[PDB]
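Below, read A as the first sequence line, B as the second, and so on, with proteins coming before strands; counting in each chain starts at 1. Note: hydrogens, waters and symmetry copies are ignored here, and every other heavy atom, side chains too, is used. Throughout, non-standard residues carry their parent amino acid's letter or an X, and their further atoms are not counted in contacts. Not the full deposit; the contacts listed refer only to the portion displayed.
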Amino acid sequence: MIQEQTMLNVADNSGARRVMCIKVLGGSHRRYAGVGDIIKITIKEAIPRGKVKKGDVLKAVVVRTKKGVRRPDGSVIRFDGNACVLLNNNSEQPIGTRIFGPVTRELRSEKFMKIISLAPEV
Amino acid sequence: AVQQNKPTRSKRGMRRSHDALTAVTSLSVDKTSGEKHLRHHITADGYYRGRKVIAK
Amino acid sequence: XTXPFXX
Amino acid sequence: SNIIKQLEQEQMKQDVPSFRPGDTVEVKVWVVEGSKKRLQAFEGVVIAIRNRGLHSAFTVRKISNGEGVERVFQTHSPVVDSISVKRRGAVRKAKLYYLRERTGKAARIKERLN
Amino acid sequence: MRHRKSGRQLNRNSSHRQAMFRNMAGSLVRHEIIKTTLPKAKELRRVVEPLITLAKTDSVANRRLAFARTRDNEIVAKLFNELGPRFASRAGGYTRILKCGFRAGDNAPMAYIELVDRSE
Amino acid sequence: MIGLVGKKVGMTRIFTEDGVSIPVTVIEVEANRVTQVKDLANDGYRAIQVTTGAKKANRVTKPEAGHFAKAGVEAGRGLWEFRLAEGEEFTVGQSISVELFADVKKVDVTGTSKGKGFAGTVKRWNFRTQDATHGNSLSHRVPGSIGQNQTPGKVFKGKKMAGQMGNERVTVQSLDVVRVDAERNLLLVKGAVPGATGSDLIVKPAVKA
RNA sequence: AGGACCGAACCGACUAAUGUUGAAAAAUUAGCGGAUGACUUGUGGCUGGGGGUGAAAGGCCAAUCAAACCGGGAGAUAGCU
RNA sequence: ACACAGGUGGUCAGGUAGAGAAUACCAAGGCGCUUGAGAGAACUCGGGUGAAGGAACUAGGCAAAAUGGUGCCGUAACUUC
RNA sequence: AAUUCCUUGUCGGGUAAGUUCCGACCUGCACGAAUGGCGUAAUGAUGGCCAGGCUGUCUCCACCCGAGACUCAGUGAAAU
RNA sequence: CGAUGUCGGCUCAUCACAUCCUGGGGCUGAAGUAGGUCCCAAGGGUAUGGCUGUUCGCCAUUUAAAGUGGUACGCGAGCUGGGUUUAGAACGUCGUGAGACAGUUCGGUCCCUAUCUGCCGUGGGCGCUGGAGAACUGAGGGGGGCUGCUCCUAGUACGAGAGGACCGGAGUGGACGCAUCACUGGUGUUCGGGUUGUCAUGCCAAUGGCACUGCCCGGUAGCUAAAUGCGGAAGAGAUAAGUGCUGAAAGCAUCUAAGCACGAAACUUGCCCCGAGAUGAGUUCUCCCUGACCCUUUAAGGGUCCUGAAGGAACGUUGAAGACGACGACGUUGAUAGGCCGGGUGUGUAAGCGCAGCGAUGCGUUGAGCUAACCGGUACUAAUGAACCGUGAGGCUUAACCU
Ligand SMILES: [Mg+2]
Ligand SMILES: [Mg+2]
Ligand SMILES: [Mg+2]
Ligand SMILES: [Mg+2]
Ligand SMILES: [Mg+2]
Ligand SMILES: [Mg+2]
Ligand SMILES: [Mg+2]
Ligand SMILES: [Mg+2]
Ligand SMILES: [Mg+2]
Ligand SMILES: [Mg+2]
Ligand SMILES: [Mg+2]
Ligand SMILES: [Mg+2]
Ligand SMILES: [Mg+2]
Ligand SMILES: [Mg+2]
Ligand SMILES: [Mg+2]
Ligand SMILES: [Mg+2]
Ligand SMILES: [Mg+2]
Ligand SMILES: [Mg+2]
Ligand SMILES: [Mg+2]
Ligand SMILES: [Mg+2]
Ligand SMILES: [Mg+2]
Ligand SMILES: [Mg+2]
Ligand SMILES: [Mg+2]
Ligand SMILES: [Mg+2]
Ligand SMILES: [Mg+2]
Ligand SMILES: [Mg+2]
Ligand SMILES: [Mg+2]
Ligand SMILES: [Mg+2]
Ligand SMILES: [Mg+2]
Ligand SMILES: [Mg+2]
Ligand SMILES: [Mg+2]
Ligand SMILES: [Mg+2]
Ligand SMILES: [Mg+2]
Ligand SMILES: [Mg+2]
Ligand SMILES: [Mg+2]
Ligand SMILES: [Mg+2]
Ligand SMILES: [Mg+2]
Ligand SMILES: [Mg+2]
Ligand SMILES: [Mg+2]
Ligand SMILES: [Mg+2]
Ligand SMILES: [Mg+2]
Ligand SMILES: [Mg+2]
Ligand SMILES: [Mg+2]
Ligand SMILES: [Mg+2]
Ligand SMILES: [Mg+2]
Ligand SMILES: [Mg+2]
Ligand SMILES: [Mg+2]
Ligand SMILES: [Mg+2]
Ligand SMILES: [Mg+2]
Ligand SMILES: [Mg+2]
Ligand SMILES: [Mg+2]
Ligand SMILES: [Mg+2]
């Protein structure tokens, strides 16, 4: 349940630390990104010699949220914070090379298979 | 907001087309004391359906 | 006298 | 409602082991890993139990790689293969929502032992 | 918007209601019959009967509880000593309402509510 | 084909072998009993009229009782018609069980939606609310403006205004039939249907593909 | 020690909502400034209308003030309605 | 103008908690405010709580929410010290 | 610039994006020395701008407790 | 000019079409993809932000698209009041000055209880020709009508290659709408618990009042969205621009003059809601009523006596129905409400007693005690026969049957 102004943590060695969502892509007037949706972020904080610098504007798939994800049986997977994985604009696809923290199977998404193949859990 | 013209006496009449009261038609008489009383209510001398309930 | 009615 | 009970309980599990909030359970859950169905383990502290017949459920909180992961199981879904009590917890409170505001060391709950 | 909700609000706030019915279950119990508006009278049955019920089992717990509700030992004495054993064998309906017309000064629907045996 | 009249029992769920929870509405469908057939010759259209359930005899009226008596079925809580369809054919007194649906696959389900009473514009029409703050005076939930100026100089018919919402006829289309069990008078359809538990439902095989 | 600090009384009157045929011809509620000083208050006194008084706004001078109120000149005059 | 939520100087200062004449609860004393009875729609007023988000509101963070004590530790630029 | 018409001047900073803000330039339409010029610690219910927290301000509204609104009785207005 | 308040915002919209997107089509300096231009088309759809009062504009980032206009430059007895905005003040500029600016700047009162029209809802009345209870037919009315992406066809047609389709099919989304409470959650001042200050019930223990529900932690029923189900359609008819067949007038040609085939989100249908006050008051099924008398200007006349059905309504108990009316359930041959029993649920191990400890407190009895609107039961309490309203066989004419 991410939206404009929402701050998110980064879940990779992209160098970004705190990104803010400035757009929920995928539909006119569309108000939330979640589950494993693709938002557009600016960068509010990055480490000193990362692959992205602060102020940079690119995209990112959301991979962990407080609102979480339901399953065909009714149950819910919740997360303590909101996390995304930076992708680059004219390619989606992840800038980083490692992934941190758990991710959910919803990412099965062909193009995000990399993200699952890395990444510790679920 | 107030009226632009004085309403007519006729109109007053029509507006009150519905405030007639309805008399009751529902009194009954206690079989054991013969005082009138509304249905499902007790009587003045405290009778209800024949037995003397209450007692004040 | 003070703009809008009646400020 | 008498019909609905008929429908519901003929769908209920008759072996849900006992556990209470505080207990540490390991839930074994069926999942399709790529091309494989396979049991998978989720273990953590029971912070809440929703007691309602077929709809009964429980929230199990676990700290995965740095932060919390709560997941609410639906006790009677086929997805839930088995439930297990790794450690009986001692708390007094039905809903343990306060553990969220606690990290690592504060998070610990006394063992019930008895 | 009320769907399936119980409980009359009697144009009062929560505490006040509770106060009043405490003050009124005691009345009914003491006098075994009182006169009140029909609405209150009907609510009263919800407060007063379960006291009676409670009283059908004399213990310390139960008296203390009947003191928690009511907060008057004369009354918690009567339940238990008289009333509980009176209604020992009757499954509820300890109380009964008799509609009795209309209040002069405001036209409120009145009723009597009484213990089912009085004699007093 | 025709449809039956039932009762809304409540909702629950059917867990499926492969770990899906299907949300279902539990609809009672006691045998419907045909109280009248109608045809061209006699009515100018073909249809069955049916009853179901039962009615306290005291609360059955002389007229009602007459009409029932004729068809030789016992009273039921009401009457409902179903348009016959060139082919369909029934006879007075015939009994129709929920198994009418032992396939169909999807059904349309009509009921009387729960009653919200006098709804305002926000709830009734999703009218978006004015400022809570920033100067607004007594005008948060109120409906805004309701017209232009001299031109119309009136308000247009069908204007979204506040009023009764709920408690009206609503159909919900193409719900998957989940189960049909006549021995138990059960129809399980997937999804919520109109009306509070207890009230009447009309299940017709879904009209849309 | 201090036209010192925080804060009740007391003096004030920055924001908002309410009220706007008000509970009130200026207030109520929640917040707000001063609060040993150029502080604040009771009683009585003095200044009078082209006059007073004014840490000055044309402020205040009995619900008012770019000239108070009352009575008079007086039926001012009104090429206007 | 009212049996008016306004205005009006001085005197008295109990118990527990508290720095206190603040505040909460009490004592003495005084009161429930001169239409009530029911309903538990919209909308208004006055409050409580709120998933995820967190100023994206708006002229403006207006309004809310937040902060809030005591004692220790410890506090930058700048400075008329 | 409480002063600049042209004007959102230009450049730099901050922002994903800044007609405002800040630092700069000088082409001051139309600054300037007790009609005081320029600075200035502290003070300010003073104007503009940023940020942390905070939040129903907002996405987008839900529920709830109360006073009206609604119903019965008594009294009983108003502007026009 | 004895008062027609205003820029922008908010809210709510409603039309036009010179159409922004989506649909159809002609030409193209149209290979494909993608464009250009024009014709047809108004069904639906048609962005959030940074700055500024702005509208606009620029900029950032979306989108299929971010249409242009009318509506007192729509919308202040609907809100706002930043712009405009009297009185205070200041700068610059003008003026000897009072002052002034169509320059700038800081501050700065937005009243109105709705009679009528209109609109949204909801009742009362009468009518529909004896009265009544139902189920209908369906004239008319309203709603709805959006669209991304991916996959197949197909890496095919096309193309030197890059790239890359038409036609058709399949999925899954965005925004919107409706329903619902099963799930996930919110709330839950009527449930349970912890806790501060103080007062009380003599004291202890145990409780209760007040302090925002004192402050909090949870939470039932209900309500509810963020929650989960469903929708937009397909199909059909007649068309728009347009493409044509046959074909003369005009030996040829010609979509047209006669005749014939096609052709779009527009239209009529198909879908959903209302709907016989459709006074053109319709249809079908059922139910109930089978006394006489007087008078007058003697007629669809007026009255009286007796009668009083079907049904309605009343009263009571009530409801996921509700402002009030209304609608639904039930009234003893009874589960309608309250209570009561059992269960559930929530809270989370009461009181009391015992043991341990100097004590705070712990442990045992104990998953205890308590537990709302919930489920399953139960006549204990309350739902008294009655009253009222509604009548007593139902006009004339013609026709068709009928004696
Ligand atoms: Mg109920
Ligand atoms: Mg009242
Ligand atoms: Mg309702
Ligand atoms: Mg809004
Ligand atoms: Mg106001
Ligand atoms: Mg307000
Ligand atoms: Mg001082
Ligand atoms: Mg104040
Ligand atoms: Mg001070
Ligand atoms: Mg004096
Ligand atoms: Mg004065
Ligand atoms: Mg003069
Ligand atoms: Mg004079
Ligand atoms: Mg003279
Ligand atoms: Mg004169
Ligand atoms: Mg008084
Ligand atoms: Mg007074
Ligand atoms: Mg005090
Ligand atoms: Mg009183
Ligand atoms: Mg709050
Ligand atoms: Mg929130
Ligand atoms: Mg939160
Ligand atoms: Mg934050
Ligand atoms: Mg904005
Ligand atoms: Mg903004
Ligand atoms: Mg503020
Ligand atoms: Mg606050
Ligand atoms: Mg500067
Ligand atoms: Mg900003
Ligand atoms: Mg100067
Ligand atoms: Mg000089
Ligand atoms: Mg100076
Ligand atoms: Mg000062
Ligand atoms: Mg309320
Ligand atoms: Mg009245
Ligand atoms: Mg006029
Ligand atoms: Mg006027
Ligand atoms: Mg056109
Ligand atoms: Mg051209
Ligand atoms: Mg205009
Ligand atoms: Mg106004
Ligand atoms: Mg201005
Ligand atoms: Mg109004
Ligand atoms: Mg709930
Ligand atoms: Mg004690
Ligand atoms: Mg008290
Ligand atoms: Mg209280
Ligand atoms: Mg030819
Ligand atoms: Mg219909
Ligand atoms: Mg129980
Ligand atoms: Mg029950
Ligand atoms: Mg007769």
Original post:
So at chain C, which of ziconotide, bivalirudin, quinupristin is it?
Top reply: quinupristin
**OP:** Name, as the PDB entry does, the macromolecule that quinupristin contacts most in this entry.
**Re:** 23S rRNA
Subject >> 4.5 Å heavy-atom contacts of quinupristin by chain >> reply: J
